[PDB]
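By the numbers in the PDB entry, the shown part of chain A spans 1-107. Counting starts at 1 for both ligands and their atoms, following the listed order.
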Amino acid sequence: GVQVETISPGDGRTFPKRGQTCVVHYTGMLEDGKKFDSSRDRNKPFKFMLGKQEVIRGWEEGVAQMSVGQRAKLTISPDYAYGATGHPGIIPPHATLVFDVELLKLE
Ligand SMILES: CO[C@H]1C[C@@H]2CC[C@@H](C)[C@@](O)(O2)C(=O)C(=O)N2CCCC[C@H]2C(=O)O[C@H]([C@H](C)C[C@@H]2CC[C@@H](O)[C@H](OC)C2)CC(=O)[C@H](C)/C=C(\C)[C@@H](O)[C@@H](OC)C(=O)[C@H](C)C[C@H](C)/C=C/C=C/C=C/1C
């Protein structure tokens, strides 16, 4: 599944709805491995629409339980991420992913 551990609390009231755009910053790394991506480096926040299957399942379920302002460590098992195939060139088969995700804003 996806485990959500809080780094800094959000407001505890404003949670994403299906169909809303979540605006986030993230850093991704392989569990006890390499950092492979960060929107912070790029100075540009990542946006995705919750519930449209644009992103991996662990993000869909993980971000849905976060409130605005929250920063959390998401640990995502391979079956909630890229599974036995991985993501070619970047994520190997059967990788556990850890993301640091900060929910900035909803649009
Ligand atoms: C350059 O950076 C990439 C993101 C990179 C790619 C490689 C991975 C390691 C990674 O580094 O991100 C990464 O850290 C990662 O694993 N992410 C990104 C952050 C959210 C979680 C995860 C992810 O789900 O990636 C996604 C993962 C790689 C693929 C998806 C996994 C779930 C599955 O349901 C989807 O099937 C459809 C495919 C990539 C994304 O988050 C982007 C936004 C979404 C898509 C490409 C598809 O959903 C696409 O389908 C046609 C769409 O509907 C989109 C919106 C259409 C518009 C025009 C395309 C925008 C493309 C943006 C691409 C971006 C910023």
Help me out, what's the drug found at ligand 1?
rapamycin
Please provide the name that the PDB entry uses for the chief contact partner of rapamycin.
FK506 binding protein
Proximal atoms of rapamycin relative to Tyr82 (non-hydrogen, under 4.0 Å):
15 (C), 16 (O), 17 (N), 22 (C), 23 (C), 24 (O), 25 (O), 27 (C), 28 (C)
Look at atom 24 (O) of rapamycin and say which protein heavy atom is nearest, naming residue and atom and giving the distance to 0.1 Å.
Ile56 N, 3.0 Å
What protein heavy atom is closest to atom 32 (C) of rapamycin, reported as residue, atom name and distance in Å?
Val55 C, 3.6 Å
Atom 11 (O) of rapamycin: which protein heavy atom is closest, and how many Å away?
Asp37 OD2, 2.7 Å
For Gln53, atoms of rapamycin separated by under 4.0 Å from a heavy atom:
33 (C), 34 (O), 35 (C)
For atom 18 (C) of rapamycin, what's the nearest protein heavy-atom neighbour? Residue, atom name and distance, please.
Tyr26 OH, 3.9 Å
Shortest protein heavy-atom distance from atom 6 (C) of rapamycin, along with the residue and atom involved:
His87 NE2, 4.7 Å
Of all UniProt domains in chain A, which one holds the largest number of residues in contact with rapamycin?
PPIase FKBP-type
Tell me the source organism the PDB entry gives for chain A.
Homo sapiens
Only heavy atoms of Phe46, strictly under 4.0 Å: list the atoms of rapamycin that pass.
19 (C), 20 (C), 41 (O), 43 (C), 65 (C)
Within the structure, does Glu54 bring an N/O atom to less than 3.5 angstrom of an N/O atom in rapamycin?
yes
Residues lining rapamycin, heavy atoms within 4.0 Å:
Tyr26, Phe36, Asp37, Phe46, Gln53, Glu54, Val55, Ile56, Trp59, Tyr82, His87, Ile90, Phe99
